[PDB]
Each structure stands twice: as C-alpha cells, then as structure tokens.
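Below, a PDB structure including progesterone.
Position 1 is the first residue of the sequence, and the numbers go up from there. All ligand and atom numbering here is 1-based and tracks the order in the structure. Side-chain atoms are counted along with the backbone in the values below, which use heavy atoms only and exclude waters and symmetry mates.
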Amino acid sequence: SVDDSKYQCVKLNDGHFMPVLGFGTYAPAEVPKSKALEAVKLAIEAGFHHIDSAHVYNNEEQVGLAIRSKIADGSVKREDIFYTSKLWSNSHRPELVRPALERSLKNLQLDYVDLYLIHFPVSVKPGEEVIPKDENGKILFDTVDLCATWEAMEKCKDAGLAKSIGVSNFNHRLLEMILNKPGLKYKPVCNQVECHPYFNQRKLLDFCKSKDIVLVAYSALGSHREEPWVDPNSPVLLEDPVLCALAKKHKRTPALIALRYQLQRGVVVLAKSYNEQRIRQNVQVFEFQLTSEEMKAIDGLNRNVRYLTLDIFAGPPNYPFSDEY
Ligand SMILES: NC(=O)c1ccc[n+]([C@@H]2O[C@H](COP(=O)([O-])OP(=O)(O)OC[C@H]3O[C@@H](n4cnc5c(N)ncnc54)[C@H](OP(=O)(O)O)[C@@H]3O)[C@@H](O)[C@H]2O)c1
Ligand SMILES: CC(=O)[C@H]1CC[C@H]2[C@@H]3CCC4=CC(=O)CC[C@]4(C)[C@H]3CC[C@]12C
C-alpha cells in the first residue's frame, strides 16, 4: 500500500467527512453472524473506512467487535472508521430514540456512531416485536410525527452519541417536511436510498444536491435478492449487457462499473460482500475512471426497477415509494 493513511471522503453539511465507499453488512437470515465479524475485518483490511449497519440487521455485536478488534491490533484508528447505525421503526416515538441509540452503542461497545439514520419513515408500534401484528396478521402501524423523531435525533447529536444524523428511504415530500421543520437545528446529512443503474434516482438525487444532502446508495449492486423482500424475477443488475461490455473494455467487473458510476455522479456508494475476493475487488473502484460517453450509456439503463419496495409498509401516508420521487 503506497499511502493508506489517506482515502476519498466527502464533506457533509455539518462539517464531518464521509468516506465515499461504504461496506454493507446486511446478510440474509440463513447466514450465521460469525460471518459478519470476519467480513468486517476483511473490509477494514482491504481499505474500507465506512461501515453501514442497523439495529434491525441483528449484527451490531459482531460488527462492533470487528471494528474494535481492528483498532486494538493497530490496523486502524477510531477516527478513521465511519460507522453508521439506524433507528428501527418501533422506536420513532421521540421518547424511544435515544434509548434505541444507547442500545446499539451497548451492543457495539462503542461510545458513538458516526452516523445515525431514521431507517424507514413508516412507524410501527413500540415493543419487542420489530414488526408488530394484530390478531388478523395486520401490521400495527403507529401515528408518529417524524419532526418529533428528528428532534430527538438532534439531541443525540448534541449529546455526542451520533456525530452526524440523517435519514433513509425518504422521498421528496418527507425530506421537505424535515427541512421546513420549526426550530430545525441540523439538516440531515444524507438520504440513504436504493440506487443503481436500473433505478438511478436522478430526480431525488438532484433534489438532495440542491440542499447539500448526500445521497447514499444501497443495493448499488442489485441487492441481496432475498425473498420475500425482493422478487426473484426482477432483472439481475449485474448481468446487464452494457455493464458487462464496459467491464470487459476496462478489464474490470460489472460490479465495479456500477460502483464507479455512483462515485462519478456525486453519490456515496455502499457495497455488501462477505467474500474475501469481492471485498477486495470492490475497493478497485478508485483505480479507474469512466468517460462521459460511458456515464451517458449507464444513465440510459434507467428502467424503474425498484428491488426493495418494502410494501409490507404501504398504506400510511409516510410510505415513501408511491410518490413519483
Ligand atoms: N437503508 C436500507 O433500507 C437498506 C436496505 C438495503 C441495504 N442497505 C445497506 O446497504 C447495503 C448494500 O445493499 P444490499 O445488501 O442490498 O446489496 P448490494 O450491495 O447491492 O449487493 C450485494 C450482493 O452482491 C454481491 N457482490 C458483492 N460484490 C460483488 C462483486 N464484486 N461481484 C459480484 N457480486 C458481488 C454480494 O455477494 P457476496 O456477498 O457473496 O459477495 C451480495 O449478494 C446493505 O448490506 C446495508 O448495509 C440499506
Ligand atoms: C436489509 C433490508 O433490505 C431490510 C428491509 C426490510 C428488513 C426486514 C424487516 C423484517 C425483519 C424482521 C425480523 O425479525 C428480522 C429482520 C427482518 C428480516 C428485516 C431485515 C432487514 C430488512 C430485510
């Protein structure tokens, strides 16, 4: 490694710096958790400085241990790790936001997260069930004002427990509601949403840019494809023939093309892998560049394919994916 003390970062609207390539940690239920531990250690070792998890992924104990293990063995300093967690929808009530963050931190054994996000804007009833249901099997939705959720998030930042705060799965209207909030103290630094060449989010992205909100792309390689979350007949992004042709031309891979596309359009990009080789491969995103004509060809792949509809949460007004953007 010629110089691993530096790496590519973007300045967020609160003055903190976010590494532009993030390691995704979600794995399907059939995968055991010891795997998350090793994969995060490998990611750190490969040069990932941004690590994305969430309370609901049920891996934070493992992800935390991997981070502390790599600090303790001298590979990395805490300040050169950007760690994201997320507030699950059964803790949107403002009184529960801080306890949920403290709980993440306790599982992690870290003093702070770098970023805390409202994970999804549809609230469900508080309690131990992450998806609470009634006698008829219907989800018990909760009526919570997310402005009040945001205010509690602001207090977490002021207490130092989250260096930065942001949102996920917010649409144009929901972001406006937060930006116009009475007494707003901190804008969200980011909106983490699904983004890839079949769903390139240009309209939402331009809106985010106009407000200096960074868009953070998940499922940027086409998603984990885990049923029932993702339909098995959705097209497989990484078999796209334009992506494959650019990959061959560049002597890279479809995945790397998909990742590089996001970097060049100003998006911070996540990439999940629990495989040694693919983990290292994904860091190659910084070793080549796409021309304007290649970026235009990738822009032309847009085709309204949303892998993660999360339509179990459809119905309430805060369900984000029924508006155009
Ligand atoms: N905020 C939200 O609602 C939300 C939703 C989804 C995800 N996320 C975050 O974003 C992350 C990423 O999204 P995602 O999990 O949907 O998946 P993703 O990153 O789009 O895609 C990852 C899949 O691609 C594979 N892969 C990785 N690198 C590859 C390469 N070089 N070549 C070929 N295949 C490769 C992985 O398999 P191998 O593992 O076997 O390599 C994995 O199955 C999550 O883990 C999570 O942290 C957030
Ligand atoms: C990572 C991801 O796409 C998110 C979207 C919806 C989330 C799921 C919501 C339902 C759920 C309930 C559980 O008890 C385990 C976690 C799961 C299985 C969640 C895993 C994280 C999911 C799958």
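Within the model, the positions assigned to progesterone, copies included, correspond to ligand 2. Bound to progesterone (ligand 2) with the largest number of contacts is the chain that UniProt calls Aldo-keto reductase family 1 member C2.
For progesterone (ligand 2), the residues with heavy atoms nearer than 4.0 Å are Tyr26, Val56, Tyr57, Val130, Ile131, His224, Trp229, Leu308, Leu310.
Of the residues that UniProt lists as binding NADP(+) in chain A, those with a heavy atom under 4.0 Å from progesterone (ligand 2) are: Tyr26, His224. Taking a distance limit of 4.0 Å, we find that atom 5 (C) of progesterone (ligand 2) is approached by some protein heavy atom. Distance check for atom 1 (C) of progesterone (ligand 2): a protein heavy atom is found below 4.0 Å.
Listed by atom number, the atoms of progesterone (ligand 2) under 4.0 Å from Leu308 heavy atoms are 3 (O).
Close approach of progesterone (ligand 2) to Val130 (heavy-atom distance below 4.0 Å) involves ligand atoms 12 (C), 13 (C), 14 (O). Of the residues that UniProt lists as binding substrate in chain A, those with a heavy atom under 4.0 Å from progesterone (ligand 2) are: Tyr26, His224, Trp229. Remark: atom 13 (C) of progesterone (ligand 2) lies closer than 4.0 Å to at least one protein heavy atom. Under the 4.0 angstrom criterion, atom 17 (C) of progesterone (ligand 2) counts as lacking any protein heavy-atom contact.
There is a protein heavy atom closer than 4.0 angstrom to atom 20 (C) of progesterone (ligand 2).
Annotation: atom 3 (O) of progesterone (ligand 2) to nearest protein heavy atom, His224 NE2, 3.2 Å. Lab note: ligands/ions < 4.0 Å from progesterone (ligand 2) = ligand 1 (NADP nicotinamide-adenine-dinucleotide phosphate).
Here's the thing with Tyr26: none of its N/O atoms is less than 3.5 angstrom from an N/O atom of progesterone (ligand 2). Checking the UniProt active-site residues of chain A against progesterone (ligand 2), the nearest by heavy atoms (to 1 Å) is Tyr57, 4 Å. At the top of the distance list for atom 8 (C) of progesterone (ligand 2), counting protein heavy atoms only, stands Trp229 CZ2, 3.9 Å.
This PDB entry assigns chain A to the organism Homo sapiens. Atoms of progesterone (ligand 2) lying under 4.0 Å from at least one heavy atom of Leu310, given by number and element, are 5 (C), 6 (C).
The contact set between progesterone (ligand 2) and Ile131, taken as ligand atoms under 4.0 Å from a residue heavy atom, comprises 9 (C), 10 (C).
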